[PDB]
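In this PDB entry you will find N-phosphonacetyl-L-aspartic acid.
Numbered from 1 within each chain, the chains take letters A, B, ... in sequence-line order. All heavy atoms count here, side chains included; hydrogens, waters and symmetry mates do not. One-based numbering, in listed order, for ligands and for the atoms of each. According to its header, this structure was worked out by X-ray crystallography, 1.8 Å.
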Amino acid sequence: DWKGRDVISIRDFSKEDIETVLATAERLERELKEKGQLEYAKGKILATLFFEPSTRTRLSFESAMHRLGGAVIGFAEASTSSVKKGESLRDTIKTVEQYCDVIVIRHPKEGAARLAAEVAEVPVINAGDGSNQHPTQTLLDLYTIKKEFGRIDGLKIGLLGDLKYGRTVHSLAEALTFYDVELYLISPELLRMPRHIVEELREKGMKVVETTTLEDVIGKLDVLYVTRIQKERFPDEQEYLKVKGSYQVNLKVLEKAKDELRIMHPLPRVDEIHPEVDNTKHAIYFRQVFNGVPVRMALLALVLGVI
Amino acid sequence: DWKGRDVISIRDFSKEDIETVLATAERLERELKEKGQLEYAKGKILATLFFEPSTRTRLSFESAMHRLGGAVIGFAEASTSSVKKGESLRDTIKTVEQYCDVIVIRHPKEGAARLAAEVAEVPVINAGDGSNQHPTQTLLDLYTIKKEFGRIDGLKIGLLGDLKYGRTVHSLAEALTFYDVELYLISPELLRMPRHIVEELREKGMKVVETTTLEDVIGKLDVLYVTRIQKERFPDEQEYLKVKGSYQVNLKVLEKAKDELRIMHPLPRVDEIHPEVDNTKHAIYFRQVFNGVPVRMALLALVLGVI
Amino acid sequence: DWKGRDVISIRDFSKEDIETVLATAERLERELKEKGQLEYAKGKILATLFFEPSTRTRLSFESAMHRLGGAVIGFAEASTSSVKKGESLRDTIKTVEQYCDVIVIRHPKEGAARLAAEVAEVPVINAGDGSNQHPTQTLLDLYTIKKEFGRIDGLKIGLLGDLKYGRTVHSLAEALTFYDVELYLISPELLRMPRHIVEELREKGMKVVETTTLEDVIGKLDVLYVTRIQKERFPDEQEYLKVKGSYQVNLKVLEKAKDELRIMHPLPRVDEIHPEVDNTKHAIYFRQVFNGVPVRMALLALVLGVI
Ligand SMILES: O=C(O)C[C@H](NC(=O)CP(=O)(O)O)C(=O)O
Ligand SMILES: O=C(O)C[C@H](NC(=O)CP(=O)(O)O)C(=O)O
Ligand SMILES: O=C(O)C[C@H](NC(=O)CP(=O)(O)O)C(=O)O
């Protein structure tokens with residue numbers, strides 16, 4: 001059943017699906033420690049097709065595949081591929097799908113993963129499509145939260161920053177729909193969460209409050225998920241200069257924060273999280289990075305139908 | 001011996017008496033948990049005569065009586081009684097005392113409880129007389145302190161706010177006379193503790209320092225008992241506007257406070273304690289409210305001669 | 001081998017020597033607790049020759065000698081000795097050395113201890129020579145650090161204040177040469193550590209960074225060793241007025257400090273460490289004073305050849 005499934009939008013997953021990925025992720029995590037080399041993916045090839053920059057998503061996926069015993073092909077720069085000669089996206093996928101058993105694609109255009117999944121008879125995983133979705137990030141974010149707070153429900157989660165272009169929070173907000181939590185969306189009014197998404201989450205009954213001042217909600221938050229201003233998604237630099245550096249987390253802001261407050265960030269960060277926060281017990285973004293491998297290993301194995 | 005005793009001024013109690021009430025209070029507290037319904041007061045009626053507003057003192061006393069198995073009569077508004085037709089206080093008590101086995105009275109005039117106790121052959125408990133005394137508050141405050149710090153002596157207690165009109169701190173300061181503690185009275189010079197009381201406490205040998213700046217003493221305090229400015233006791237509003245909002249406890253003030261510092265407040269609070277303090281480990285005012293029932297249950301049982 | 005050795009410069013000790021003193025110091029410490037009176041120094045006399053003021057170094061040494069079972073002679077003020085008649089230092093030592101079995105000298109001129117050790121056939125211990133060295137302070141500082149952090153290496157130590165005239169940090173920096181630590185020298189540019197010393201420490205491979213702003217390094221420090229501005233060493237008061245009160249440690253500065261950060265100070269302190277820091281878990285300067293006796297007891301016993 002998991003074999004052949006795509007991972008395009010977090011909205012295509014139920015609470016059971018997410019739960020399964022996270023439980024399976026823990027499985028492979030421990031399993032790795034024991035064997036130090038798994039073989040579920042022996043004879044399988046993962047093609048990582050990145051049309052925009054990535055450090056974590058590409059490297060953790062390729063890392064996961066090797067830990068699973070598979071092989072990896074792909075490109076990190078579209079300029080080196082034949083898209084350079086003018087080839088289209090659907091032609092690229094139709095050709096590359098014949099070389100691998102699973103595709104992971106990051107593209108600057110929203111809906112690129114859906115288009116790829118449509119014309120591929122190989123499972124397609126969305127590593128980020130424009131400012132739309134980022135399903136595997138959400139899945140590793142939820143893994144981290146459950147791992148850190150031991151449990152899902154009963155949490156007050158705050159999403160800060162560029163909620164408008166941040167594909168990470170678009171998916172993360174949608175996934176939280178299956179959990180009993182109070183969501184707080186803190187951001188400049190120019191970078192608010194897509195109305196439709198905030199609408200839907202309340203169309204299902206979730207306490208969602210949109211605010212501009214962080215200190216208003218800081219004190220009751222269990223989770224503070226910080227984001228980066230997606231400079232590369234703005235219409236032009238002027239549109240970005242108008243919201244530049246207009247939020248940041250540091251020791252001062254953390255004065256009115258609960259002792260158990262945990263701060264996350266999909267990364268990379270520019271300056272929205274002062275490095276002084278790093279040494280604090282609050283910071284968990286680098287532990288967040290770590291969980292990406294077992295979560296991505298679970299996804300690869302599941303979708304390749306090897307576990 | 002306890003049967004028939006009144007509870008007018010905390011000065012009418014020895015260290016033994018206070019200790020007994022607190023030990024007995026713990027007894028009934030645990031006992032309640034077990035039986036979930038006691039009967040010491042079966043066939044006894046408590047008359048709560050409140051001539052001014054109350055939430056905690058009236059409700060906790062009535063609550064205590066029911067937990068003890070007794071019945072309750074009384075009025076929360078004098079306007080609904082025959083004092084409306086012009087009846088005096090002593091006539092009110094002489095008549096009502098024939099209907100109950102114990103009276104709890106809160107009146108806006110100092111000495112009202114003494115006058116009531118004088119003309120009643122039923123035990124009379126002072127729930128607050130003007131800006132004079134508040135014995136059961138002090139008794140539940142001491143219960144809370146011993147309960148929180150495990151013990152009485154060796155503490156540095158700071159009383160902040162309206163020490164002039166605050167009947168709660170007038171009694172609380174007097175009771176502390178039996179304990180080895182350093183008292184700090186922080187308040188505007190217009191709202192200082194009644195000279196006589198501060199005099200007496202030092203006439204017995206207690207280190208009592210009166211200051212205007214809280215931060216001067218904040219760092220060495222074990223207990224910080226905050227009070228509300230008694231607006232309704234001032235000569236007129238102008239007299240109150242001159243000391244309005246001139247003290248408050250929040251996270252900033254708590255920067256220079258000991259980790260074990262515990263903050264109390266007889267309540268209600270207007271703005272003298274910022275709600276951000278609520279989530280902190282320092283706040284114990286709502287735990288303070290809780291202890292009022294077993295303390296008041298102990299007092300009712302003792303004075304009714306049923307334990 | 002230890003018998004007859006002098007203690008002039010911390011540079012005359014190897015890592016083995018320092019380690020031995022500290023282990024031996026722990027020995028005598030526990031031993032004292034048991035017997036409550038030792039006799040290693042029975043029949044031995046310590047002469048404390050102080051030509052400048054001292055509270056800790058003189059008193060802890062005399063204290064140590066008595067705990068060891070020895071006797072003490074000496075002067076705290078040179079004005080009362082025959083140096084008053086014009087006697088020289090070498091004549092003073094040559095004469096006094098005939099009366100005791102060990103000398104402890106504090107003098108305002110750099111090299112005074114070396115001169116004393118040269119013309120004495122009795123062990124000479126430098127309790128401070130001008131702004132040059134202070135070996136027993138360093139030895140008790142290292143004892144405190146190992147005692148507090150359980151271990152030596154892997155620490156980030158910050159030395160703040162008057163590093164120019166502070167004989168305490170001149171020796172302390174030199175001793176740290178044998179340990180794997182990152183040293184941070186924070187001080188006004190007018191009070192920087194003697195170039196030669198900072199040079200040498202890096203000539204051996206130690207990460208040594210000299211800065212003016214404390215907050216730059218505060219966050220990563222394990223140890224913060226504060227010093228006093230050596231007013232009495234300045235050319236004149238004007239030279240001292242130019243660097244007066246230009247550093248201090250208080251709760252504000254400690255906002256960006258690690259929870260395990262430990263603050264030390266050889267003492268006395270004027271105002272460079274706000275007394276509010278005292279109650280904090282960071283302060284250990286008075287525990288630092290305590291360790292001086294067993295460290296000095298170890299030194300006396302070792303050098304007198306009685307252990
Ligand atoms: O780039 C961001 O700000 C968040 C997010 N980041 C990641 O997925 C991590 P990376 O770009 O290193 O793979 C994304 O949307 O690509
Ligand atoms: O009203 C105050 O500020 C303190 C004190 N408060 C109480 O006893 C609680 P309550 O008025 O709710 O019974 C009082 O003097 O009545
Ligand atoms: O005086 C100082 O600031 C540090 C140091 N202090 C001590 O040794 C302690 P004392 O002067 O009390 O013996 C010194 O150099 O003499």
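Tallying contacts with N-phosphonacetyl-L-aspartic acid (ligand 3), the largest count belongs to the chain named in the PDB entry as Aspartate Transcarbamoylase. Going by heavy atoms, the other chains that come closer than 4.0 Å to N-phosphonacetyl-L-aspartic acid (ligand 3) are C. Using a 4.0 Å cut-off to heavy atoms of C/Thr57, the atoms of N-phosphonacetyl-L-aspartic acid (ligand 3) that qualify are 7 (C), 8 (O), 9 (C), 13 (O). Regarding atom 8 (O) of N-phosphonacetyl-L-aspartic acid (ligand 3), its nearest protein heavy-atom neighbour is C/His134 NE2, 2.7 Å. What sits closest to atom 1 (O) of N-phosphonacetyl-L-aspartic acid (ligand 3) on the protein, heavy atoms only, is C/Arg228 NH2, 3.0 Å. Using a non-hydrogen distance threshold of 4.0 Å, C/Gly128 does not register as a contact of N-phosphonacetyl-L-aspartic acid (ligand 3). The ligand atoms of N-phosphonacetyl-L-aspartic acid (ligand 3) that sit less than 4.0 angstrom from a heavy atom of C/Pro268 are 1 (O).
Intersecting the UniProt carbamoyl phosphate-binding annotation for chain C with heavy-atom proximity to N-phosphonacetyl-L-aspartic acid (ligand 3) (under 4.0 Å) gives C/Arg56, C/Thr57, C/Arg106, C/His134, C/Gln137, C/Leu267, C/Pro268. In this structure, C/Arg269 has no heavy atom closer than 4.0 Å to N-phosphonacetyl-L-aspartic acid (ligand 3).
Considering backbone and side-chain atoms alike, C/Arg58 places every N or O at 3.5 Å or more from each N or O of N-phosphonacetyl-L-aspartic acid (ligand 3). UniProt lists residues of chain C as binding L-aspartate; of these, a heavy atom under 4.0 Å from N-phosphonacetyl-L-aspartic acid (ligand 3) occurs in C/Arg167, C/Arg228.
Looking at atom 6 (N) of N-phosphonacetyl-L-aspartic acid (ligand 3), its nearest protein heavy atom turns out to be C/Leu267 O, 2.8 Å.
Look at C/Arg106 and you'll find a heavy atom under 4.0 Å from some atom of N-phosphonacetyl-L-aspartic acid (ligand 3). Residue contacts with N-phosphonacetyl-L-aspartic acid (ligand 3), taken as heavy atom pairs separated by less than 4.0 Å, involve C/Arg167 solely via side-chain atoms from C-beta onward. Near C/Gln137, meaning under 4.0 Å from any of its heavy atoms, are these atoms of N-phosphonacetyl-L-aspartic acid (ligand 3): 8 (O). Checked by distance only, N-phosphonacetyl-L-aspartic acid (ligand 3) and C/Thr168 stay at 3.5 Å or farther apart across all their nitrogen or oxygen atoms.
Numbered from 1 in the order shown, with element, the atoms of N-phosphonacetyl-L-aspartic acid (ligand 3) that lie under 4.0 Å from a heavy atom of C/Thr55 read 10 (P), 12 (O), 13 (O). At a heavy-atom cut-off of 4.0 Å, the residues contacting N-phosphonacetyl-L-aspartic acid (ligand 3) are C/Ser54, C/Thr55, C/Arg56, C/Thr57, C/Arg106, C/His134, C/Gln137, C/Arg167, C/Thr168, C/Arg228, C/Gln230, C/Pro266, C/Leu267, C/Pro268.
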Please tabulate, line by line, the atom pairs linking an N/O of N-phosphonacetyl-L-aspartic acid (ligand 3) to a protein N/O at a distance below 3.5 Å, with the distance in Å to 0.1, or answer 'none'.
| residue | atom | partner | partner atom | Å |
| --- | --- | --- | --- | --- |
| N-phosphonacetyl-L-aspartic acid (ligand 3) | 1 (O) | C/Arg228 | NH2 | 3.0 |
| N-phosphonacetyl-L-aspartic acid (ligand 3) | 3 (O) | C/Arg228 | NE | 2.9 |
| N-phosphonacetyl-L-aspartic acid (ligand 3) | 3 (O) | C/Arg228 | NH2 | 3.3 |
| N-phosphonacetyl-L-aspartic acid (ligand 3) | 3 (O) | C/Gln230 | NE2 | 3.0 |
| N-phosphonacetyl-L-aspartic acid (ligand 3) | 6 (N) | C/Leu267 | O | 2.8 |
| N-phosphonacetyl-L-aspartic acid (ligand 3) | 8 (O) | C/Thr57 | OG1 | 3.0 |
| N-phosphonacetyl-L-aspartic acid (ligand 3) | 8 (O) | C/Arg106 | NH2 | 2.9 |
| N-phosphonacetyl-L-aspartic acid (ligand 3) | 8 (O) | C/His134 | NE2 | 2.7 |
| N-phosphonacetyl-L-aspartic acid (ligand 3) | 11 (O) | C/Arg106 | NH1 | 2.9 |
| N-phosphonacetyl-L-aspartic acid (ligand 3) | 12 (O) | C/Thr55 | N | 3.0 |
| N-phosphonacetyl-L-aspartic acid (ligand 3) | 12 (O) | C/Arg56 | N | 2.9 |
| N-phosphonacetyl-L-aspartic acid (ligand 3) | 12 (O) | C/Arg56 | NE | 2.9 |
| N-phosphonacetyl-L-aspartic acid (ligand 3) | 12 (O) | C/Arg56 | NH2 | 3.0 |
| N-phosphonacetyl-L-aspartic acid (ligand 3) | 13 (O) | C/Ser54 | OG | 2.7 |
| N-phosphonacetyl-L-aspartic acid (ligand 3) | 13 (O) | C/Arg56 | N | 3.4 |
| N-phosphonacetyl-L-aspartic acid (ligand 3) | 13 (O) | C/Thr57 | N | 2.8 |
| N-phosphonacetyl-L-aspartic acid (ligand 3) | 13 (O) | C/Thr57 | OG1 | 2.9 |
| N-phosphonacetyl-L-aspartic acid (ligand 3) | 13 (O) | C/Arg106 | NH1 | 3.4 |
| N-phosphonacetyl-L-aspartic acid (ligand 3) | 15 (O) | C/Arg167 | NE | 2.8 |
| N-phosphonacetyl-L-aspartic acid (ligand 3) | 16 (O) | C/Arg106 | NH1 | 3.2 |
| N-phosphonacetyl-L-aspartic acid (ligand 3) | 16 (O) | C/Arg106 | NH2 | 3.0 |
| N-phosphonacetyl-L-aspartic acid (ligand 3) | 16 (O) | C/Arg167 | NH2 | 2.9 |

